Each structure stands twice: as C-alpha cells, then as structure tokens.
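Below: one structure, written as structure tokens.
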Amino acid sequence: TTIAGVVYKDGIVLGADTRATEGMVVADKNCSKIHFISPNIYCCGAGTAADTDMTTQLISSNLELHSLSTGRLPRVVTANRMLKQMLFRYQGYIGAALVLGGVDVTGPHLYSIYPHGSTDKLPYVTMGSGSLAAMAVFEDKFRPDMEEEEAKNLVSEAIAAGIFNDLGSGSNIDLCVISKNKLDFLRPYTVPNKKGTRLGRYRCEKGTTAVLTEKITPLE
Amino acid sequence: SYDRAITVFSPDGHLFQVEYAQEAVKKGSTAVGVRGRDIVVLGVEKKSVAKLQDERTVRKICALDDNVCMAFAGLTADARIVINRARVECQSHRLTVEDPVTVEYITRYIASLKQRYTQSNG
Amino acid sequence: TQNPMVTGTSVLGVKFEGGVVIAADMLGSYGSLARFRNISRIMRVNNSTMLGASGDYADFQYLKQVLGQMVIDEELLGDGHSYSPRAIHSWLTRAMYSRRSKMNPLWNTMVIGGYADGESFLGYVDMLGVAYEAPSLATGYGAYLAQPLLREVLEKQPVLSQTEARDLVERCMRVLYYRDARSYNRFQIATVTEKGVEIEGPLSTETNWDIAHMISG
Amino acid sequence: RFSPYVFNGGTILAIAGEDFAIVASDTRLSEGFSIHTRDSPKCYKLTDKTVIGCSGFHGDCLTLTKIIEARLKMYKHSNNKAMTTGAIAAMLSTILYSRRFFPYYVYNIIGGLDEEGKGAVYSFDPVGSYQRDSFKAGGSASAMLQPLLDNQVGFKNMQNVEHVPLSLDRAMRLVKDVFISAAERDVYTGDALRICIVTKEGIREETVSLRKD
Amino acid sequence: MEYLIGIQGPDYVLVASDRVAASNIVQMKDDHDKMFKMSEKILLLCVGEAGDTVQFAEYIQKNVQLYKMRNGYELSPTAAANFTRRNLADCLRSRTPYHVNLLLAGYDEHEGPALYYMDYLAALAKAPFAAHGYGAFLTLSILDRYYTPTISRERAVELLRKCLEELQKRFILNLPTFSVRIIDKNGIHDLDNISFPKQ
Amino acid sequence: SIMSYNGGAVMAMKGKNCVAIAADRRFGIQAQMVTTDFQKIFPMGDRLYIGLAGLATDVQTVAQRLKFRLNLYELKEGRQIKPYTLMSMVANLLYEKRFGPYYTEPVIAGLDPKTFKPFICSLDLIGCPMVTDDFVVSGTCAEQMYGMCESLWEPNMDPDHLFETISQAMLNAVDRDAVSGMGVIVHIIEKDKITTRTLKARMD
Amino acid sequence: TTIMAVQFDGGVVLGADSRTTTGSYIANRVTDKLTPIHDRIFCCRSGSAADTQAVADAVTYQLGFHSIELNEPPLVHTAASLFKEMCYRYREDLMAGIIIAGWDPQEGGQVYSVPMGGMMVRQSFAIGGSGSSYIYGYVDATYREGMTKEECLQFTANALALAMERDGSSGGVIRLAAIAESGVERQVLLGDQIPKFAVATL
Amino acid sequence: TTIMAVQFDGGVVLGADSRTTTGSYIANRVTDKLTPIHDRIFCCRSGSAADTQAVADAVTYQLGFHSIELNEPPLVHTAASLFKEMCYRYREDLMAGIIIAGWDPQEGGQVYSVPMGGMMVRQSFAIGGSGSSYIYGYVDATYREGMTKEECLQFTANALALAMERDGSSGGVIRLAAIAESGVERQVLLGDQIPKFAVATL
Amino acid sequence: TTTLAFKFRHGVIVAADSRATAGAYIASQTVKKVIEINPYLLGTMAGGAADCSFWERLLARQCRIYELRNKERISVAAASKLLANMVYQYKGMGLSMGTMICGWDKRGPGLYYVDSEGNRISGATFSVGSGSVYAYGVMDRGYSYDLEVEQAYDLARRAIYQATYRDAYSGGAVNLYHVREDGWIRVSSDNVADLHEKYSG
Ligand SMILES: *[C@@](C)(CO)[C@](*)(O)[C@H](CC(C)C)NC(=O)[C@H](Cc1ccccc1)NC(=O)[C@H](CC(C)C)NC(=O)[C@H](CCc1ccccc1)NC(=O)CN1CCOCC1
Ligand SMILES: *[C@](O)([C@H](C)CO)[C@H](CC(C)C)NC(=O)[C@H](Cc1ccccc1)NC(=O)[C@H](CC(C)C)NC(=O)[C@H](CCc1ccccc1)NC(=O)CN1CCOCC1
Ligand SMILES: CC(C)C[C@H](NC(=O)[C@H](CCc1ccccc1)NC(=O)CN1CCOCC1)C(=O)N[C@@H](Cc1ccccc1)C(=O)N[C@@H](CC(C)C)[C@@H](O)[C@H](C)CO
Ligand SMILES: CC(C)C[C@H](NC(=O)[C@H](CCc1ccccc1)NC(=O)CN1CCOCC1)C(=O)N[C@@H](Cc1ccccc1)C(=O)N[C@@H](CC(C)C)[C@@H](O)[C@H](C)CO
C-alpha cells in the first residue's frame, strides 16, 4: 500500500495506488483504496484489505446515522474518534492503517490512524509499504498553503514514488480533492503503468478442447 | 422472565389450576387401555370424525420407543409436547445407560414433568 | 560478527559528469544511543576509488586496515599497475561472501565510488556477498528514503553535474535526518574526479520546522 | 541469529529450437520489498555455443558464475578444447552437489547447441539434479511461464492441432509474451527483459522493456 | 489401527471392518464391532479417537432413532449422512471436536444403494467404493483395478477377500478377523466373518 | 498449509453477453485421491454460480449456509438476487468469522437477472471482494492459472471462444499442479441457456 | 520520548520532545506530547502512543464530568489519581509513563509521576521517557530549590536538549508549557532556538 | 560499573567507581578498576571481571616485551591497539569495555575507547560502564576545552559521583589517577570526600 | 515417485513413473527414474532427485572401475552393498534416497532394496516411493513366478498406472525395463493419458 494525504490552501488531497497482493503475487491490478466516509470526508486504506473495507464502511454508516440525527455536516474529529477507539478496542488485531481527510465547518483536517488506535494530525501523512518513499517526496517538496493543482501534483508524485520503489505498490494513481465547496473523486488520475501488447495469437479455435460430457439447459 | 406463581393453594387446601386441568382432561375423547398375557391394547373414543380430516394426522396413540407406547386424553397440543419430551428422554436413557427403558421409568419421567409444571413459576 | 555493536546508518552514492559523490553521517550508535558523534565512515582507497560503509564500525575498521595494506602492498611494486575501482569492488565482494560462507560475516553494507579511465563507477556490496552496479546507491533507510528521490531525478536526467549531484545528496541527507532516528546532523561528502579523492569536513544540514505550528489547523 | 541467504528474485527461461537456443531473463534485482537495481540481467555467456541463466540469491549467483568461468578455463587448458554444452551441464551438476549440505540458493537453466548443431536446454535444481528439455522456466515467475509453453510449444491439451516445429520468430514472441504476462502478476519480475539467441552464427542480445512497478 | 471398507453394488452395499480393539502393543479385544445400526437400512462405520468414536456415533444413532419416533418414518441415507456431517462440522471449531473418520452405508426405496465417506474434518463425499485407515493405502488401488459398477454381491465379497488377504500379506498390523455385512431392499444382513486361521 | 490439504482450483471468465466458471473435480486428502466427482461449483439461482476452492469442509459449509441466507433473501424479497448483492452477502458471511475463518476462497460468476451484464468476482477467506472484467482465480495453482489467463484471455469473446479459453487455462494450469485435477468441469452460462461440460483431462 | 516537568512557586513548567518512532523510522517528527486534561491540568505522555492517547482521553472525560459534578476547579492530585487508577488496574496491558502536572487553587503548582508500574508520587521535578536516562546526572547536578518560572523554563529546555542530542528515540522540536493561575503559556523551540553545547574537537 | 578518562594538556586523568557485583550482591565494594599497563599507560575496565583482567594481563605482557624490544617508552596508541586487537578478535567471547589512557613522549596525553564491538577511537574524553548512561548529559553540558589538570580531576570526580548516585551497579569509592610526564598520582575519594548534590525535599 | 521391480522366471521386471515435484508444483514429467548402471545392472530412483542421481552415478563409476580391475563384472549383491556402504557414512545427515538395484548375476536374477536409512534387503518383489502402497496392492494381487513375459509387463505397467491414479505425487509416463541374462532391454514408455484410454475403454 502506497497511500498519502496533504493539506493545501483550500482543502485536502488524498492519494493511493491500486495494487492488491496475496503473497508475492498481484491479485488486483485496480483496487479502490480511497473510501467514502461522508460527503465531505474520505479515507484511504492500507493493510488488511477486508479490515480497511469493513472498518471504513462501518464508520461511514455510523457517521450517516450521526449526521441524520444532527442535521449538520459530519466533523472529521468524529470519524477520527470512532476509528481510533474501535481500532484500539481490538488492540491491533484489525490490520487497518488509514489516512483520514476531510473539510469541516472548522476547515481542512488530515489524520493518520494506525491499527493500534493511535492518531496523528499533520499537514501531510503517508501510510503503507511504500510510505517511506512518498514521505521522502513530501519532506522534499512540500510547502504550506499550496494551490490545488500543485498539491495534486505533489501527492500523485508521492504515490508514484511508492509505486515504482515499493514492490508492494503498483498500477494506477487515484486522487481525491476536497475543498470547502467541491469534491473531485478523480479515479484514474494517472495510468503510469501499462501492460505490454500481445505479440502473438494464442487463440484456441472451436474444437481444440476435447469433451467427454455435455448438457445444455434452457432458461427464460 | 415470567416469575409469577400460577398454581397456588386455596384456603381449603386445593390446587385450583390442577383441578381445572383435570376438568380439561374430562372434556377429552375417551381413552381406555387393558393389559393381557401376551398383548396389551389401547383404544381411543370420539375421534371427532369429520370425514374431511386425515385420520393419520390426528391419532391419539403414539409410540415413545420400540418398547413403550402411549395414549392420552385432554389438550392435544400439550400432549404433543409431553410425548416428544418423553421420546427424547427415552433416547437419552439409552445414551447414558446401555439398557433401553422400562415403562415405569418413562411413566415416572412424564409424571415428574407434569408435577414440575404444577409447582413452577410462570 | 554475530551481533553488531557500534553501528553507522545510511550511506549514499551517485555518479555525475566526470566523477562520483558519496555521503555518510559521522555517527556511531550503540543501539539507540548516539555514542560516538565524530567518526569517519568514509575511506580513501587509493586515488581512483573510495568507500563508504554502513553497519558495525569495528568490522569497517578491519576492512579499512586490510584495504589500506593491500593498497600499500601494490604501491610498493610501482610496476605501473594499480587497483581499479571495479577490482576493489570485486575483491570486497569476494571477501564479504567468504566471511558469509564461514557463517562469520562482516556486518557491513558498503558503497564503493570511483573514477578511472574516464568512467564513473558506483558499486554496492552486502554482508552476504550480494553486489551490483548502479548510477545511484543508498544503504539502510536511505534505500527506502533517499533512493526514491535519486531515481526520480536520474530517470528524468541521466547525466548530472557535480553541483547538481551535490545538491541532490544534500537534500537526501536532509530527508534522512528528518526520518531516520539513528542518523545525525553532521555528515561527510567524498568525491572522486580525475583530480583524485577529496573528503569534505563536518557538514550540517539546514532544517525547517515550521510544520510544528500546524497542530490546530 | 544470522541468515546467509536472501531471495533476490528474478525469472528465467530457455527454449530449444532445431538450430537455435533462447535464454531469457528479467533484469530486476530486488530484496524484501525494495529494488536494488533495474539493470541486472540474469544471463551469462559461457561459450560461443552456451549461455547460462542463474536466479535466486545473488551472492551464490555471482560466486557460481565466477566458479563456472574459472573451471571452463581449466578444462580448456586441460583438454585443448572448449566445454561442450552437455559437459557444462554435468560439471554444473557436480559443482552444485558439492554443496549438498550448504547449497547454492540458485535456480539454473543452461541453453545452447549440442555437438550436432541442434538446440538443447538443461534445467537444474539447487543441488545438482538436472535434465534435458526443449523448454523450461525457473525463478520466481516459473509457475506462470511453464503452463503456457506446455500448451503452445508442447501442444498439450489441444485436439486435432498440427505439430509444427517452433521457429525462432514464434519462440521470440512467445518469450516476450510470457514475460510481459509475468510482469503483471509477479512482483519480482519487471523493468526489462533480456533475450539471448544462440545459433551457429553466435550469440545475439536483445532487450525488450517491462513495466517498472 | 483401524480399517473400514465399503463397496457399493447396483442394488446393495457391502461393508466390512476389522475386529481388533487394541491399546499400546496388545490386542485387548478380538471381536470388536465398528458398525452402528441407525435405521433398518442404514449402517454407520465409525473409526478413530478413543472415546470420540463411540460418543459421536451413539449420539448420531440415538438422534436418528429419535427422528424415526417423532415422524414415523426413517431418515434417508443421504439425509442421515448430511446430518452426521452437519454435527461433525459444527464441533470442528468448537471446544470439543470429535476426531472420527467414517463410512455411511444405506439403501433408499427411491435412490437405491449409497455409500458415503467422511473425513474427520467433516468433508462428505459419495463414492462407489471407499476405505479408511492405513490399510486403505494398500486396498484402494486393488478396488480401482477390479471394481465395476455392475458387480454382483458374490463378486463383491470375493473382491473384499482379495483386499483383506492383501492386508494379511503387506500390512504390519495383525487384523486376523473381519466383520462383514450387506445392505439391500431387505435391510441389514450379517455375513460370515472373513477370518484367517493364523493362531 | 491448510488450504493445500485438499487442493483444488476454481476459475471464472468474462465474455460478450456470457460468462464462464470452471473447477477441477478431485477430492483428495493431502496426497491421496478419494473422489473424482467432487462438486465445487454450486448454482445460487438461475444464471448465477459460485465456485469454492480450499478446505473441502468449509467449501460445503459455506455453500450450504450461503444457500440458507440466499433462500431467506429471495423469500423476504420478491426477486432473484443480483450478483453484487450475492458478493456482499458472501463477504459478510465470511467476515463474521474474521478471527476463525473458513478456509475457502469463493469465486462468483453470473449474469444480472434484470439486465444480462456479465459479472465476475473473488473473495478472501475473510470476505474481501474483488471484481474484475477479465478473469478471477482461486486455488492451490493460482499462479499457473494467472499465467494462462494473462496470455489467453481476449475481451469480447463469444460463448465458444470463452469455452476454449477457460478450458485451456484450467487444463494447462491444473496439469502443473499435483493436488489439482482428476478432471475439469466448465459451466458456460448465457441469457438463453446454460451449458455444462466435463473436459478430457489427465487423471494422474 | 523525553518528557519533563518542574515545579516553581506559582505553578509548573512542562517540556517534551516531538519524536514518535515505529522501529527506527520516525512516524512523526513533530508530535505534541503535552496533552491538556483540564484548564490548568496537563500531562506528559511516554510509551505506547495508542495507550497514552486512549488513557488521556478517558481521564479527560472522567475529570471533566467530576469537575462539573463538584462545580470546582479539579485538584491536580485528582487527575493524577485517575491516571494512577487506570495505569495500575491495566498495568499488564498498558505501556505508559505519565507525568501529570498543573496548577490548583488549593495546593498550587504540582507535579506527579505515574511510571509503568502504576504507582504515584509527587516530586519537585520529574523526568520520563527513553531519553530521561541520559539526563539523570545533569538534572541532579543542576536542580536548585526556589527556581523562578523562567529559570525552570531554561532548565527543562537545556535538559531536553541534551537528552534529545544523545537519545535516538528523542529529537525533533522542543515543546514547552507554562502553567499558573494566569493560564497556559505554550511555546516551541526549534532549530537555533534549541540550546546547543560544545562538541569535542581534537 | 562506571569509568571515565579526560585529556588535559600535559597528560590525562582517570576515574572509576569501585563496585563489583554478581547479581544484585556486591562481591567487592572496593575494586581497583584502574589497571596499570605500563609506567605511564593505564586502562579503565568495565564488563566481565575475568575477561578484562585476563586481557589486561595479556596486554601488559605483550606491551612489556614490545617496549623492551624497541627500547623506547611505549606509545599509548600501541597499548590501545593491542587491546583493540584482542577485543575485536574475540568479540564474540569477551564482554569488555575498555578505556586506555596515558602519557607518551611523542603524542602526549591520550585517551582511547575500546567498546564491546572491538573498535577504537581517540576522544577528548571518554566514559564507559553501566553508569555512563546516566552522565552523558552532564558530561556533555560540563565539558570545556582547555581544562586544567585539577579541573579535569574535579570534573571526573563530579561525573562519577552523579553516576554512582544514580546507578545501582555503581558505587562504593572513587578512584582517581593523574598521569603526566611527572608520573602517576593516584588518590581515593571516600565518604564526605565524594561530591554531594542537593536532593529534592518538599 | 512410484518405482517397482520384481523377479520371475524370465528375469527382472523394472517399472517407474516420471513425475518430479517441487512441493505441490510439478517440475517435470519426463524423468528417467531407472538409471542404467551397467548393461546388466539397473537402478531405480526415488526420493531426493539429486541424491539418487549423484549416488547411483557414482555407483556406476565404482562398478566400472571394479570391472576394469577384476577383469569381471560386479555382482548384484556387491553393487548393492557398495551403494549401501557409501550411503551409510552419511546416515542422519538428511539424504533422502530409496533405490532398487536389479540385474542378472552368477546367482541368476538379482534384486535388492537399498535405503538412505541403511536398509539393504534382497527380495522377490519391491515397490518404492510415495505411491508404493498403491502399486503393492495390484502387484501383489497379480504376481506369480510363473508369469509369462507380456503378462509381467502388463502387471508392472498397470501397477504403476494405478499408483499414479491414487498418488498425487506420481504421474507422467510409465517406463518399463526388462532385465534378461544377456542384459536388460528397454521395454516401453507409455504416457499415462494413453494408458487411461487403453485400460478404461
Ligand atoms: C519516545 C519517542 C521513545 O521512543 C516515546 O516513548 C514515544 C512516545 C509516544 C508518544 C509514541 N513512544 C513511541 O513512539 C512508541 C514505542 C513502542 C514501540 C513498539 C511497541 C511499543 C511501544 N512507538 C510508536 O508509538 C509507533 C508510532 C506509530 C503510531 C506506529 N508505533 C509502534 O511502534 C507500533 C507498536 C505496536 C506493537 C506491535 C507489535 C507488538 C506489540 C506492539 N509498531 C507495530 O505495531 C509494528 N507492527 C506492524 C503493524 O501491526 C503489527 C505490528
Ligand atoms: C561493572 O561492569 C558494573 C558495576 C556493572 O556491571 C562491573 C565491574 C567489573 C569490572 C568487575 N562488572 C560486574 O559486576 C559483573 C557483571 C557480569 C555478569 C556476567 C557476565 C559478565 C559480567 N560481575 C562479574 O563478572 C562477577 C565476578 C565475581 C563473581 C565478583 N561474576 C558474574 O557476574 C557471573 C558470571 C559467570 C557466568 C554465568 C553464566 C554464564 C557464563 C558466565 N554471574 C553469576 O551469576 C555468578 N553466580 C551464579 C549465579 O548466582 C550468583 C553467582
Ligand atoms: C486477496 C486480496 C483481495 C486481499 C489480501 N488478502 C489476503 O491476502 C488473505 C489473508 C488476509 C488476512 C487473513 C487473516 C489475518 C490477517 C490477514 N490471504 C488469502 O486469502 C489466501 N491465503 C491463504 C493462506 O495463505 C496466505 C493467504 C490482502 O488483504 N492483501 C493486503 C496485504 C496483506 C496484509 C496482511 C495479510 C495478508 C496480506 C493488501 O493488499 N494491502 C494493501 C492495501 C489494500 C489492499 C487495502 C497494501 O498494503 C499494499 C498494496 C501492500 O501490500
Ligand atoms: C526440481 C525438482 C524436479 C526436483 C526436486 N528438488 C527440490 O525440490 C529442491 C531440492 C532442494 C534441496 C535442498 C537441500 C537438500 C535436498 C534438496 N527444492 C527446490 O527446488 C525449491 N523448493 C523450495 C520450496 O519448495 C520446495 C522446494 C526434488 O528432488 N523432488 C523430489 C521430492 C523431494 C525429495 C526430497 C526433498 C525434496 C523433495 C522428487 O521428485 N522425488 C521423486 C523421485 C525423484 C527421482 C524425482 C519422487 O519422490 C516422486 C515423484 C514423489 O515426489
């Protein structure tokens, strides 16, 4: 996992790769790791896939209930509290490293949440197997109050570093821009990796597969 | 749960609920049984012949095990309960003890069950 | 060595136009303790090559002794032949693998920089005898932090000037000082050109800490 | 304690034709979750007729390579002739078994031409067990490469298909294809594919490109 | 160590087991029976751990009989097999798992003869013939070599004899005698015990 | 490995307006084969199949409990189930045992009962969903299956090319694995019909 | 971590480094290790980040409800006692070294230590964290009773600087907090602001 | 244990505690840790008693023969090099932390450290032993270049006192040695002679 | 693996599969598991591939040197004893190896089983490998000393086949050799896929 998150002048940029592995084999070439929490809050997930999924879904649900009862737009601190308290209650057995980003009535907020339940509120964060590379890119080329396209470039650059330098990351770069009045969920923001084109035709023509038994069954 | 005393003593020393249950038995279809030398016979009366009803699904005679059979009189649903619990007990006896079951034993079990229901809360 | 004691962390290397540059902090750590904050982890092996070392400092001192002796031994003959950087790299590979196979490794990971016959050399050697050549090298946490930066530049511009490479190195040392808990804000830069090997004195890295005042918002 | 082994990845392939022999490999050297270098071919030219592919632990790869070189020279000095391919295979077997109780962590495939000019592959296991093949894969992505070649070169599981001998061209595109596919799934396979073709003319070296993730 | 074997014919199921109950290095019983009558047309061949076998087998048995009493008709061999498999699978990840390997033989008035195989992990699989224990490793191949779907019960018994004789030849365990029964439209029939006059 | 105890292989492929799902037929315990006709693919309704590879017991059990919940679903609601819905259902069922998981990796292949839009996904043993547009594999020979699928699969295949493709993939992947094989079964399902074939395969 | 708290007349002075590490990697070079429990009650965290954060939250909760229920400014000893109860009860499940310090209308400036055991003791000054080991001597030779607020400030600044210099698990920036009846004066020493000392040359 | 050695102009100053422990028991509350290797070459021992004693003996042997064979006052660097060779060669079998210091006609007062690794480095001053951990900060904040002999004496005295106060494995008495061209001036600080520091009260 | 060998009136029949695995992965199906030591001496091969190959090759070398030195051919007993003695010196070191030395001797047909464990026993029939039990079944159910040649071929081939059917680590192709007095002869090499068609229908 090679996710990341940054805070700029008008809001927050979230980034993530799309490689999912089992063993040392790529299982999913295109996996969405940027999750919907609330219409103003998104969260990148790294670690145990099912854990990040179910956790992010559960907290999203609880926040929907929350805002439904309050009638207001959900705060980021709330998602942070829910996440950290749940994760801490399970003492790290839920393999969920998270980058929580969102815009509030109080402004832009970015948290990093480790599976043991600890959180850090920082202007920029990275998580995943490729987090060191991305963090290097951030530490090298970050400045406070960036413009939107600048921040998008920085984050995509970080995720790219993760993609090419870490064997755990690969494929595409997904971004999510969140300002005080806009939500750009750019899915394929960049496809820096492409499968080589086939040089042959290994197409098997009808009949080459021997059959022992057949049974057709009509439907409706 | 429902912690309420249902069957209690009356000032004259009667258990009214039990007597009422006996009156409910009195309204049941007649059920007689006799014991012979090499055979034993059980017969039940007024089976409420509607001729549109399947006779099999309303029999008042039920087998508890290969050794013991049983007829009843009164509330049929309650009888279903008692009969099933009796069958289960008949099997459990085989489980805990290699030997099958005596008629006296399963009778004692049924009786104890009924009494337990005469002295339990709710 | 089965259990390393006093150790040094990352070592960086990168080729440039007509030379090679290498960096390494001057820290010897005893676990989490910054025990010896003034030691050189860079050696001048003759005039065409140079060596930076990560890992157990004592074993590095041993290799320093041995290599120094080899260079002296060769220089005594004066037969017009000398050890090329590639040769030194090959020898070091052989040695590390030999110790590895004796189940008694020299707990070191090394970067050899050099310049001979107009070509820039940069070689990596493990404690297991894993060795290779590359335009950029980073040992330890550098390999996770500095190397991604180095590759980003080298794949956008293969040839760098000496000043460019030096800048890149400085920035990488800054990143390492930021993120590596066993590093130190006091490092050395060695350089090979046709003019020879030059090791520059105690350098510091400028640090920005403005993100300290971004707790609230 | 201390482990004298580390897996450095790498995939390797050899195909034997009627008058040629292809030995190809990726160029990625990695360790753990990191890339050591993208320019590290696993192919080694032994003789004009023989090329060796070595994958696995890089230390043992280098060492075994240099050993094979030295012993080639020795044989040349001893018999005034170059080592035939099969001879190199047998020698490699003995050398590998010489460390039966401290093995080289190396998967070896030898590709070349025999004494009749025909192509030949020899596949090895880390301790010297070898056999002659028409085509074989080894290294990390081996299980991804093998099944296709079983189908396309061995014509296995195909009904009423013709047994046309593999040409150099088709073999080349097959190699490029299986490596391109392997780069998709194996995380240890990528960067570049080096291919070595061995014919009566000699040894050509081609270099296709693979993805960098 | 225990041995089970089942061979399904066109209209019958032939089952056999060893008669040895052994502990440590001694045979403690030479007439042990590994079969459990569950229906008039269903046999359960259970084998394995010490108490687990008898406990589990008897539990299943009494539950099947309970079904019969409650409903007036017996479970089909298939329903029985899936019942036992359900019970065994439920206890697999519990505090008290039953380490038992089993065969289930049966005859249905509709589906005919049936033989089932069950791992201790409760993996149920129907088969024309099966075997449990180390002896299986020596007998299954033989069953592969000579079995035909239309085999007569006489020929089936002869095949069983080939298997048991093979056990007498190669197997290091004693196993002198064997319980043999058959199941058809007329229920369970006890056959003459295949035995070998050792001593 | 627990997964390798029984072995097996399950694959699903996408087509034009059709879909395919295949699996080997061997039921074995470690190294010995017990049965050659073991069902690993179960119909969860018309034009919607699931294929479970892994520990045989958990294959059967997950299949059965899934059929339980499915039946209850199609009873409570007056409709057949959508592929996505079935996927989420399986995911939930598996994740309920997060800390004591079934050892099986399910693969769902079907057509949208309302539309006809093809659908293939796979899941963790703890129920993490993964939807693809080409193929999905699960089993002891996953690497071999990936090898074949990455080189044989084409986009818009007709119900005949899809069959040949998934069949060659399954056969040639399985033939390089010792605990997968003893026959291969393929279900090719389309809007009008379902075609079930057992391939001619090695039995060693 | 290197945490510290010194008591002067009208209140206390708190100090901490800002380095948070997982393994040898610095997951946060700028952590705020001084956590507000109440208006004039702070705590210094060391050990597991998750543990100390959770405990700090819980104690803030409890102490908030308690102070509301009493309608009085909470005693520092009370906060320290809540921390003590939590850390002692779950000593086998928590990795926490805490220094609870602050001002209180009844007892003035107070500093309490709650080390990993779960015990509690009031001290004139307290140090904790991995780096504290390297400054025991300095802090022993430099401490003088009757220090002014600014003197304590400079004191903790120097000590923390030394510890950060020596300890690899400590570093980054210096966070200071001054607590008295007046309120809370927080400040941050970074770069050249951090006290430097002569390193041996020849 | 806790050793120390500081370099001044015309020579060096050595210091050590005197506690030798096996487990938590003090097998010798009055150890002599400063061991003479040659007329003006001393070494400070820490770690295994047996190991350091054996190595010290061996080095005294070798250096004696060497100095006789050269007919010259042995270089301090040479003694340090013998210690270095022994400790590095048998690093997996020895538990020794050594500080070799002394005077030498060619290089004057010298101090070298040979920690458990087997490495060797010259330092303006050096500390070792279990107690050294507690005085890194003090020794960092107190050291000043150009110290006089008596200043170095007082320096090591104070540092050792602090370390002994904090470290349980250190204590007993303070042994000091002054080495210059003049010779060797050894002395012992005991009881009230040992520097004391203000302990926190209220 | 799944090799087997039995001696009857007309010599010594030897048979084997050809599968070679590296875990569950099938690394090869074209392995010659019957090593041709001498034109009168064969050696089956099961267990560790490299171990068997190396040690039996060395055995062949030794037998050749014996032939040159003593101006006569080595006996089956002497060859088996040689191999057993060589292997025994490495007992406990982890050599996985179980082989059969077959041939024709001055004492007629000879067959020995030799272990890496240290076993060395002469016998009529033998089956070695992961699928040895399955082979033992059919082989024992069909063996006789008075078997005619083609019958013996059928028995061996079928036994190896059934073995490959049940044993997950046995397959590929059944190879069959016949050892006669004037030397051995390579009888057959039928693939299992074909033998399936032959034996089933
Ligand atoms: C100073 C800095 C001394 O180091 C301090 O004491 C600080 C103070 C606080 C504010 C952090 N202490 C730490 O930084 C602390 C020490 C520690 C390390 C390991 C175990 C216990 C304590 N380290 C951390 O807080 C980091 C920071 C982030 C949130 C990651 N986290 C970790 O070190 C965790 C520890 C959890 C753990 C894992 C396994 C067994 C026991 C505990 N690192 C991991 O968990 C690593 N791993 C991968 C993820 O999940 C499985 C385990
Ligand atoms: C110093 O470092 C400071 C004070 C901190 O330790 C001092 C000063 C030195 C120069 C004397 N060092 C010690 O006090 C030292 C610690 C040590 C322990 C173990 C190995 C190496 C160093 N104490 C000793 O060396 C002491 C010497 C005499 C007995 C006074 N012996 C030991 O500590 C025993 C080591 C032998 C050993 C045990 C197991 C495996 C291999 C070798 N340790 C014992 O426990 C001895 N014994 C058995 C248990 O009950 C008590 C008695
Ligand atoms: C198969 C895909 C769809 C998902 C995959 N799942 C799996 O790999 C699951 C097991 C997960 C698990 C089970 C029990 C206890 C803890 C974890 N594995 C299996 O289902 C099959 N095997 C059975 C036996 O052998 C090993 C696995 C996964 O989560 N992969 C993680 C990495 C991982 C963590 C822990 C255990 C196993 C794998 C991932 O992709 N993580 C990325 C973030 C995403 C996917 C949210 C990142 O971290 C990046 C890409 C680096 O890997
Ligand atoms: C690459 C293949 C073709 C050969 C294979 N080699 C291997 O498996 C080599 C052996 C490495 C080794 C190291 C130290 C000491 C000894 C061996 N291992 C590896 O290549 C790498 N693996 C690492 C993880 O997966 C498993 C192995 C092998 O020998 N397989 C044996 C089984 C075996 C025995 C002992 C150790 C390991 C494996 C085999 O096929 N034996 C057959 C007969 C012979 C002559 C081929 C039979 O046993 C039949 C087929 C059943 O397996």
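Note on naming: letters A, B, ... go to the chains in the order of the sequence lines (proteins, then strands), and numbering restarts at 1 for each one. The structure shown is a partial extract from the entry, and contact counts are restricted to the extract. Heads up, header says this was done by X-ray crystallography, 2.9 Å. Atoms within each ligand, like the ligands themselves, are counted from 1 in listed order.
The chain sharing the greatest contact count with ligand 3 is, according to the PDB entry, Proteasome subunit beta type-7. According to the PDB, the drug at ligand 3 is carfilzomib (bound form). The letters of other chains with a heavy atom under 4.0 Å from carfilzomib (bound form, ligand 3) are A, F. Lab note: binding site of carfilzomib (bound form, ligand 3), heavy atoms under 4.0 Å, is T1(A), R19(A), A20(A), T21(A), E22(A), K33(A), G45(A), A46(A), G47(A), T48(A), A49(A), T52(A), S129(A), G168(A), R98(F), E105(F), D124(F), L125(F), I126(F). Looking around carfilzomib (bound form, ligand 3), I see no other ligands or ions under 4.0 Å away. Among residues UniProt marks as active site in chain A, the one closest to carfilzomib (bound form, ligand 3), with its least heavy-atom distance rounded to 1 Å, is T1(A), 2 Å. The name that the PDB entry gives to chain F is Proteasome subunit beta type-3.
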